[PDB]
Asker: 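Complex: tipifarnib : Protein farnesyltransferase subunit beta.
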Amino acid sequence: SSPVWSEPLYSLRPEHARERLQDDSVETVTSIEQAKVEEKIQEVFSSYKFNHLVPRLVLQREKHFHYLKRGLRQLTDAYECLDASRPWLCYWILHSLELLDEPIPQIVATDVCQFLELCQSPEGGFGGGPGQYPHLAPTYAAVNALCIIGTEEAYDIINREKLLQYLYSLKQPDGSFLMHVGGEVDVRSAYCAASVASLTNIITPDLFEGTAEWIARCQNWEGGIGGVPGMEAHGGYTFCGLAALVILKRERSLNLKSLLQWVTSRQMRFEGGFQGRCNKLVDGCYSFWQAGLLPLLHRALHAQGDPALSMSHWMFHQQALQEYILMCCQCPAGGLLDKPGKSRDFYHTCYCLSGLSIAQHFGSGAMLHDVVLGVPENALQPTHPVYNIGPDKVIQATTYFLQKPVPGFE
Amino acid sequence: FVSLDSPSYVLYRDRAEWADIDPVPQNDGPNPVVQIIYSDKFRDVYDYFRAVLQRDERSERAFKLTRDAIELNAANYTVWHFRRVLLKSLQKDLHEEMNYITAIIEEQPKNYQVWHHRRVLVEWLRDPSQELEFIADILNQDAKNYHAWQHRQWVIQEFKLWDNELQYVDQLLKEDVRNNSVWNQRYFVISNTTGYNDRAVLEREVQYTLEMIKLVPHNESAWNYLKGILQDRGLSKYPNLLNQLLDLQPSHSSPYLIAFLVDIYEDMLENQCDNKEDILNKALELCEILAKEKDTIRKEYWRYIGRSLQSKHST
Ligand SMILES: Cn1cncc1[C@@](N)(c1ccc(Cl)cc1)c1ccc2c(c1)c(-c1cccc(Cl)c1)cc(=O)n2C
Ligand SMILES: CC(C)=CCC/C(C)=C/CC/C(C)=C/COP(=O)(O)OP(=O)(O)O
Ligand SMILES: OC[C@H]1O[C@@](CO)(O[C@H]2O[C@H](CO)[C@@H](O)[C@H](O)[C@H]2O)[C@@H](O)[C@@H]1O
Ligand SMILES: [Zn+2]
């Protein structure tokens with residue numbers, strides 16, 4: 001085989017050069033941008049190869065840890081643009097630490113709980129900051145962050161009675177949900193609502209009436225799912241759509257065949273990472289939004305008794321994705337990102353790591369098969385494909401809330 | 001009146017017309033987390049925004065204040081909501097607000113709140129007269145802006161402005177035939193106007209698409225559109241397509257053409273095609289070629305397809 005200190009990489013094989021873009025001698029803005037990214041990526045790939053010597057890839061854990069630890073406390077005015085998304089910051093940072101298996105100090109856990117309590121609206125749900133109106137995005141984030149902390153103190157912060165009333169106040173006749181009072185509608189709302197409602201055990205028979213059908217209407221000719229019916233398929237909205245349907249146990253409302261073919265086609269033959277939609281660029285966060293669809297599809301098909309499903313791998317190139325993330329998405333100063341040349345941010349740090357974890361761990365029934373590229377320490381903690389928080393946190397939260405009644409319903 | 005960057009801008013805590021109201025600081029608790037160290041100007045505006053919001057003051061001064069709050073953070077949906085509450089309470093001129101939102105979106109086209117605000121205004125006015133032209137300008141700067149296309153589909157469908165969209169689609173495809181957002185708009189327009197059941201329309205679309213494929217063999221969008229308009233009826237229902245793609249294979253053996261062939265074979269086997277054994281063998285051979293040579297990034301997918309075919313048609 002190979003000595004333990006050298007590990008051959010897919011992106012470094014000589015045949016890989018044949019995966020470069022073929023523009024058929026017809027240039028358009030799209031091909032020009034794609035070629036520019038590929039050129040930069042090839043340079044990056046090459047820097048990890050020294051002829052036959054190919055050192056193991058390293059996830060810079062400690063650098064990422066220090067970046068995250070600092071952000072959980074304070075941020076410069078450069079973050080003013082996220083003043084209405086603070087619970088998101090709590091979630092992205094806590095989940096990244098969780099994936100990196102970095103314990104959350106008791107004092108920090110308590111402070112986060114207190115802060116999220118201040119973000120909770122008296123009408124139910126959470127806002128982007130203290131005193132802000134509730135919104136499904138920060139609500140989704142706050143609930144996930146509280147579940148990651150997983151203490152009864154954290155669980156009890158959530159006003160379940162008002163949360164359910166709030167969800168009702170956003171529910172539309174056609175099955176969709178507004179993102180907030182007087183707000184816009186797109187599939188993100190359905191996922192945020194389904195996620196927090198299932199985790200906190202507040203789902204009623206009528207809450208999601210028509211929702212599955214509305215989501216199905218969002219799947220388009222491409223096979224993926226758009227923000228609203230008629231719109232272009234996008235990884236972000238496709239994750240939201242399928243994950244919400246899995247929670248509702250209505251995945252079969254979709255054409256899983258066209259969806260599977262669509263998402264697998266979103267992995268870039270050259271870069272190894274995923275693009276958000278056909279003919280657009282590779283981006284580290286799609287390592288989760290797109291690749292995360294494979295574990296969901298696997299479970300969906302498995303429930304149908306598909307005898308052709310793999311018992312050891314997800315239906316995407318697990319190694320190639322790990323190569324893209326490890327070689328192209330790490331900021332040497334800590335944190336992860338979209339692609340080489342972009343600046344780090346907590347959002348991409350969260351999803352690049354979440355995608356890396358999905359790429360490293362396969363699990364179906366009693367079957368478990370890990371593929372950890374690089375040094376062994378690269379292995380991250382597993383993440384739940386539906387909620388994107390540790391599966392241990394999902395079990396503990398659902399178990400806790402299941403012991404409580406659905407607010408005013410029997 | 002005066003902008004946040006204007007040389008004569010004055011902090012709200014220094015404005016005499018605001019002296020009667022006390023600012024409301026943001027309470028982040030004793031031991032804050034994800035605490036943003038705001039600039040003096042940012043905090044100043046939001047301390048007063050919190051004050052008017054708390055007192056639910058429907059005034060002209062509060063209205064002007066939201067404009068500054070928005071410039072500081074256009075993603076603050078709470079400010080946007082309040083502004084709309086004020087637009088109604090103060091009976092503000094909506095055409096004036098339309099000019100405002102137009103400038104804002106031009107500056108920040110990738111923001112959910114600005115597009116939603118514009119949609120609400122158009123809904124209140126029931127006036128879409130400026131929409132298609134404004135959107136076209138945004139798309140002229142970024143031909144794939146998701147929010148722009150979504151807003152465009154809404155306006156067209158809500159106000160029935162289908163008449164010239166196919167021409168618009170054709171123009172953008174000429175500019176960049178790889179623009180997947182435009183191919184999506186193409187399906188959107190046709191499915192909602194003539195539909196694809198009209199065999200003359202379908203033929204026109206298949207010929208158009210095939211022609212684009214010949215021009216740019218490796219453009220995935222065209223291939224996806226071709227499959228998209230034929231998949232519901234079933235790819236095996238179009239016998240001539242198989243032969244035509246089979247004739248191009250030798251000179252255009254791109255993974256897209258090879259994959260399309262497998263898709264056709266899959267459907268044929270699902271419809272009791274003749275010579276099942278022969279079709280199955282050809283499909284499995286292509287799956288192996290794709291998995292091992294032509295489309296290795298999707299090897300797991302192609303191996304799955306190979307196994308599915310055998311579980312369904314091996315007999
Ligand atoms: C489209 N996209 C792809 N990668 C990042 C982005 C994104 N444009 C974005 C926009 C909307 C949504 Cl719902 C999700 C992602 C984007 C880009 C950069 C971003 C953020 C978001 C976000 C962000 C802010 C609020 C919510 C969400 Cl989900 C993400 C934070 C941030 O620090 N940075 C630098
Ligand atoms: C739960 C939740 C809130 C999920 C959100 C998922 C997600 C990533 C949505 C993105 C939607 C969007 C408007 C993309 C366009 O940005 P772009 O044009 O910059 O994107 P692109 O070039 O990558 O397509
Ligand atoms: O991926 C196609 C698949 O999606 C469904 C919805 O689950 O319909 C979508 O695609 C059709 C074109 O194939 C459109 O006519 C329809 O509007 C869109 O929602 C399935 O019916 C189809 O098999
Ligand atoms: Zn991204």
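A note on names: the letters A, B, ... follow the listed sequences, proteins ahead of strands, and every chain is numbered from 1. Heads up, header says this was done by X-ray crystallography, 2.1 Å. Atoms within a ligand are numbered from 1 in the order they appear, just like the ligands themselves. Because only heavy atoms are used, hydrogens play no part in the values below, and waters and symmetry mates are left out as well, while side chains stay in.
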Asker: Give the place of tipifarnib in the structure, all copies included.
Answerer: ligand 1
Asker: Identify the other chains in heavy-atom contact with tipifarnib at a 4.0 Å cut-off.
Answerer: A, B
Asker: Could you tell me which atoms of tipifarnib, counted from 1 in the order shown, lie closer than 4.0 angstrom to a heavy atom of A:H348?
Answerer: 4 (N), 5 (C)
Asker: For tipifarnib and A:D283, I'd like to know whether there is a polar contact (N/O to N/O, distance under 3.5 Å).
Answerer: yes
Asker: Is atom 34 (C) of tipifarnib in close reach of the protein, with a heavy atom under 4.0 Å away?
Answerer: yes
Asker: Is tipifarnib close to any UniProt-listed (2E,6E)-farnesyl diphosphate-binding residue of chain A, that is, with a heavy atom under 4.0 Å, and which ones?
Answerer: A:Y286
Asker: Compare B:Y146, A:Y286, B:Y112 and give the one whose heavy atom is closest to atom 1 (C) of tipifarnib.
Answerer: A:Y286
Asker: In the complex you have, is atom 8 (N) of tipifarnib within reach of the protein, judged by whether a heavy-atom distance drops under 4.0 Å?
Answerer: no
Asker: With a 4.0 Å cut-off, strictly under, does atom 3 (C) of tipifarnib pick up any protein heavy atom?
Answerer: yes
Asker: Tell me whether tipifarnib is touched by A:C285 - counting only heavy atoms on the residue side and a distance under 4.0 Å.
Answerer: yes
Asker: If the entry models a covalent bond for tipifarnib, which residue and atom sit at the far end?
Answerer: none
Asker: Among A:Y237, A:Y140, A:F346, A:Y347, which residue places a heavy atom closest to atom 28 (Cl) of tipifarnib?
Answerer: A:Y347
Asker: Hey, what does the PDB entry actually call chain B?
Answerer: Protein farnesyltransferase/geranylgeranyltransferase type I alpha subunit
Asker: May I ask you to identify, for A:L82, whether its side chain, its backbone, both or neither come under 4.0 Å of tipifarnib on a heavy-atom basis?
Answerer: side chain
Asker: I want to confirm something. Looking only at heavy atoms, which of A:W92, A:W88, A:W289 is nearest to atom 24 (C) of tipifarnib?
Answerer: A:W92
Asker: Which UniProt-annotated Zn(2+)-binding residues in chain A have heavy atoms closer to tipifarnib than 4.0 Å?
Answerer: A:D283, A:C285, A:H348
Asker: How about atom 17 (C) of tipifarnib: does it have a protein heavy atom within less than 4.0 Å?
Answerer: no
Asker: Any protein heavy atom sitting closer than 4.0 Å to atom 26 (C) of tipifarnib?
Answerer: yes
Asker: Any idea which residues from other chains are within 4.0 Å of tipifarnib, non-hydrogen atoms only?
Answerer: A:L82, A:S85, A:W88, A:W92, A:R188, A:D283, A:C285, A:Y286, A:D345, A:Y347, A:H348, B:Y112
